[PDB]
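This file shows Synaptic vesicular amine transporter complexed with valbenazine.
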Amino acid sequence: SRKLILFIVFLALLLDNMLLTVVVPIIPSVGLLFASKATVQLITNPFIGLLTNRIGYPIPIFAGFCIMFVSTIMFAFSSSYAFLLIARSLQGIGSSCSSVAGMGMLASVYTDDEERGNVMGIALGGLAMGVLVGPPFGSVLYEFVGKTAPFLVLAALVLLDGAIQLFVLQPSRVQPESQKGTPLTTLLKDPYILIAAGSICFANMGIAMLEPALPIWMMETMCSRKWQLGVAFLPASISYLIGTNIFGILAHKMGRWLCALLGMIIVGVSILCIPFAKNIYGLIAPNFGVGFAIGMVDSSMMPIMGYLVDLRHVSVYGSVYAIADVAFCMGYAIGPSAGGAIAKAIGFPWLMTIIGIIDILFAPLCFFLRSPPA
Ligand SMILES: COc1cc2c(cc1OC)[C@H]1C[C@@H](OC(=O)[C@@H](N)C(C)C)[C@H](CC(C)C)CN1CC2
């Protein structure tokens, strides 16, 4: 059925993101390792995009379990920096495979735009939920048992997920797609695919510049307590969960172009409002708005990728969702380091204001998605 595939993609994304996050609080126990996974995923996304059109979705969505499970074990038994880096790179390839192949399969199964909206919303809700229950899970287990409890529990969990894969997807038989998909070059030459991918990129780059540089600006102006840095962003996750689980539904009613436009403005007018907050209490509302609007944008531009592909090019979703994932991961690849560097160069408030201005100025470019020609 289709709901089984939806649940399998949801659980895959959830477990992959629990892993990306769980590792965060264990690494201090600092260089390019934090972005190794993201940049490796950015490298290996288009390859899965072209591979899903050559061998099918199952085999390259099941290769997620076989690879992420190896990472979750390699992290469980990591001693040197080289082992940690190769484990994070293997995770990155696993997250690629899972995200690209799973979103492509969700697009190829739910062939109606209205239902594809809700399905992509639910999958991104899986992403958000995994990110939300990640740091808790890891820490709790790290403090109560040791540095190997979270990784072994997630190994068991991805093993169960891979069993569901083997007994639902049946990747035993290779199966090429029905028609030759449009080459990635032509897809990237289109203006509307570029606009949607750019919207997702800019939104996620704003978040990924905010997150690892807000504790820095906090410990020097607010003098917040140690645990305050943890709650300083939990509103963003919770709001992203809410937004990307409800707007996958609300967007096709409101109009995906309008949802994305309003989505980015809200991102802009919230990120711009972060530097004006002086105390942790005043930091909540703009962070909530940031998360809510990032969800507004993501759940509304993820269906529109497959929609534009169905409306303009041939109906093969591997390459276009590889493009959208590249958009995503560009943020968590470049944004953290570049934002830290810019904050050290000019200043964190000016960096957040630049991000906000760029987002508010780029938002009106989403009106071009009101009615694209065929
Ligand atoms: C390991 O270290 C990290 C820890 C964390 C992150 C990245 C890290 O490294 C990369 C991101 C993940 C975000 O979101 C996501 O992954 C998802 N949106 C998907 C679409 C990428 C999240 C955005 C929402 C609050 C709006 C913010 N943080 C949470 C913790």
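Chain A is numbered as in the PDB entry, which gives 18-46, 131-475 for the residues shown. When a ligand or atom number is given, it counts from 1 through the structure's own listing order. Just the heavy atoms: all of them, side chains too, but no hydrogens, waters or symmetry mates, feed the values below.
Counting only heavy atoms, valbenazine sits under 4.0 Å from the following UniProt serotonin-binding residues in chain A: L228, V232, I308, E312, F334, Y341, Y433. Taking a heavy-atom distance under 4.0 Å from valbenazine as the test, the passing transmembrane segments of chain A, by UniProt's count from the N terminus, are 1, 5, 7, 8, 11.
The residue-level binding site of valbenazine (heavy-atom cut-off 4.0 Å) is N34, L37, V41, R189, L228, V232, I308, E312, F334, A337, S338, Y341, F429, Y433.
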